[PDB]
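The chain called A is the first sequence line; B is the second; the pattern continues. We number chain A the way the PDB entry does; in order, the residues shown are 1-11. Here chain B follows the PDB entry for its numbers: 6-177, in order, are the residues you see. Non-standard residues: parent letter or X; surplus atoms excluded from contact counts. We use all heavy atoms of the structure for the numbers below, so side chains are in, but hydrogens, waters and symmetry mates are not.
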Amino acid sequence: XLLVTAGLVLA
Amino acid sequence: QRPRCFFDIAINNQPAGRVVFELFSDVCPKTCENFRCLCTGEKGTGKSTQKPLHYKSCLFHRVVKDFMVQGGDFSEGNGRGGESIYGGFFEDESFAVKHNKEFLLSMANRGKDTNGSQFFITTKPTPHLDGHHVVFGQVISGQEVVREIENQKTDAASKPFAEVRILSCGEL
Ligand SMILES: [Cl-]
Ligand SMILES: [Mg+2]
Ligand SMILES: [Mg+2]
């Protein structure tokens, strides 16, 4: 989907 | 009082132009000071990473059209790395500024209170990130450069095939 993560990017 | 910082961008080693940011130091001072110092390199070596706390030569490692562009992983270049100037991470400072427009500057993280060095620039509103990511500044010039980054073709991890690198950076 629409996240802005650092390490485990999700949907 | 608000500082202004810049990135000079290259795309596959070809200069693309300068992005200038205004930082909302009145709202998010600890967050703004981290970003400002990562632009100048003035704080030296990161404690856990043992690499320079500096955006020079850093990539925009993740791009999603109609969403955002993300960078700031100076240690690994891929989203896994980074660290703040304070050592490790720092707490989410304010949720007062909404992700309600393009060209806002906000912190990427890996959950609550995990602000390091990674940031994103919105390219559309991203209101669902309110309360999860701290907005701390905004693009004031070079919007077209951001659009050019946003338009890059990307790999399976959403990393641009063409290297989007910060050639130079600093404070105005
Ligand atoms: Cl980080
Ligand atoms: Mg100062
Ligand atoms: Mg370590």
What does the PDB call the drug placed at chain A? ciclosporin
Out of curiosity, which chain makes more contacts with ciclosporin than the others? Name from UniProt, please. Peptidyl-prolyl cis-trans isomerase G
Tabulate residues with any non-hydrogen atom nearer than 4.5 Å to ciclosporin. B/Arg67, B/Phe72, B/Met73, B/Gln75, B/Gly84, B/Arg85, B/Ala113, B/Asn114, B/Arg115, B/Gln123, B/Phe125, B/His133, B/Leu134, B/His138
Which residues of ciclosporin have a heavy atom within 4.5 Å of any heavy atom of chain B? A/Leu2, A/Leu3, A/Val4, A/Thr5, A/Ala6, A/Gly7, A/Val9
Can you pull up the source organism of chain B from the entry for me? Homo sapiens
Name the UniProt domain of chain B that holds most residues touching ciclosporin. PPIase cyclophilin-type
